[PDB]
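Note: structure shows salicylic acid engaged with Transcriptional regulator, MarR family.
In what follows, every chain begins at residue 1, and chains take the letters A, B, ... in the order their sequences are listed. Both ligands and their constituent atoms are indexed starting at 1 by order of listing. The figures that follow rest on heavy atoms only: side chains count, while hydrogens, waters and symmetry mates do not.
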There are 2 protein chains.
Amino acid sequence: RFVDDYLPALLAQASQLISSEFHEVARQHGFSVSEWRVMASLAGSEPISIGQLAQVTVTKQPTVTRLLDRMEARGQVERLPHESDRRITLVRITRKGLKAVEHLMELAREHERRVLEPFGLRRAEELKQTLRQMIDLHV
Amino acid sequence: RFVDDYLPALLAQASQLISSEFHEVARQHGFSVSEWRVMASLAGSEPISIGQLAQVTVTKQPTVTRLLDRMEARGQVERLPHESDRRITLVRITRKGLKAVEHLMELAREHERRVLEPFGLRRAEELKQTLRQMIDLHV
Ligand SMILES: O=C(O)c1ccccc1O
Ligand SMILES: O=C(O)c1ccccc1O
């Protein structure tokens, strides 16, 4: 059966199952999926471009732009000009956004620890290294 | 930076980048993303439930049901009753659907081979085994 060992299908199913588990927690804490992805991706970051944010959150750029409109209205993020090119808008999390998401981020780390514990440290680090290398080759 | 090593973010980005590459090919062959996922997931399968199809194609069940309405109208799939429980509808690919997708499936196998070749057979099989185990634990 073709799909049983087809890498893109395996990645898509694993990603959906793992992320959907945490989504229930995020909503119980008042976050939508996309709000969580944006704030988690900006936490601890220097300002990044809207395009970079769209890539890392796996969200279409027009969707991200509308999302940032409302999150900036709520004081959770800030958009800023690029210091050279003004094709580029940069975005950062605010202190208000960080305080809003830090507890959820701890719960996310615990969730990931539970997901990876059956595989052991070696298999977990191998998985993360392979995924990171794949991203950097394909982005 | 939290997101750089957060497993769900790594899985989601890797899956998006790898699948989006093949999507351009699928569309050039007349398939939408969801049509491709359905036909690839049914190819070589015994009939499966609509819920199973929704899980493996990572598509919401109401979306899958509308998709099957039109794909069955086009003679590419067939819905059938479960031989015991009639809460359950089963679905299979037809010969017409298989012939429609088999060339695309060969191109998909070549694409996967290219994606995995830099990692080698050992790292590739490790990745697939880990993803399969994760799916089976979380489904
Ligand atoms: O990403 C794919 O190409 C795919 C194909 C079949 C089933 C699920 C999938 O994600
Ligand atoms: O799936 C997640 O939880 C996630 C979080 C941050 C960025 C991208 C993501 O897919």
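With heavy atoms closer than 4.0 Å, the chains neighbouring salicylic acid (ligand 1) read A, B.
Per-residue contacts place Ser41(B) under 4.0 angstrom from the following atoms of salicylic acid (ligand 1) (heavy atoms of the residue considered): 6 (C), 7 (C).
For salicylic acid (ligand 1) and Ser19(B), the ligand atoms under 4.0 Å from any heavy atom of the residue are 1 (O), 2 (C). For salicylic acid (ligand 1), the atoms lying closer than 4.0 Å to a non-hydrogen atom of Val56(B) are 7 (C), 8 (C). Using 4.0 Å as the cut-off, no other ligands or ions are found near salicylic acid (ligand 1). Note: no N/O pair closer than 3.5 Å links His23(B) and salicylic acid (ligand 1) by distance alone.
The residue among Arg37(B), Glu21(B), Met105(B) with a heavy atom at the shortest distance from atom 9 (C) of salicylic acid (ligand 1) is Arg37(B). Which parts of salicylic acid (ligand 1) touch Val3(A) is read off a 4.0 Å heavy-atom cut-off, strictly below it: atoms 6 (C), 7 (C). By the criterion of a heavy-atom distance under 4.0 Å, both the backbone and the side chain of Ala9(A) are placed next to salicylic acid (ligand 1). Residue contacts with salicylic acid (ligand 1) for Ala12(A) involve side-chain atoms from C-beta outward but no N, CA, C or O (heavy atoms, distance under 4.0 Å). For atom 3 (O) of salicylic acid (ligand 1), the closest non-hydrogen atom on the protein side is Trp36(B) NE1, 3.0 Å. Heavy-atom contacts of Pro8(A) reach the following atoms of salicylic acid (ligand 1): 1 (O), 2 (C), 3 (O), 10 (O) (cutoff under 4.0 Å).
Binding site of salicylic acid (ligand 1) at 4.0 Å (heavy atoms): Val3(A), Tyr6(A), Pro8(A), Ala9(A), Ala12(A), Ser19(B), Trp36(B), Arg37(B), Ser41(B), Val56(B).
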Any protein N or O within less than 3.5 Å of an N or O in salicylic acid (ligand 1)? List each pair with its distance, or say none.
{"residue": "salicylic acid (ligand 1)", "atom": "1 (O)", "partner": "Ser19(B)", "partner atom": "OG", "Å": "2.7"}
{"residue": "salicylic acid (ligand 1)", "atom": "3 (O)", "partner": "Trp36(B)", "partner atom": "NE1", "Å": "3.0"}
{"residue": "salicylic acid (ligand 1)", "atom": "10 (O)", "partner": "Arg37(B)", "partner atom": "NE", "Å": "3.3"}

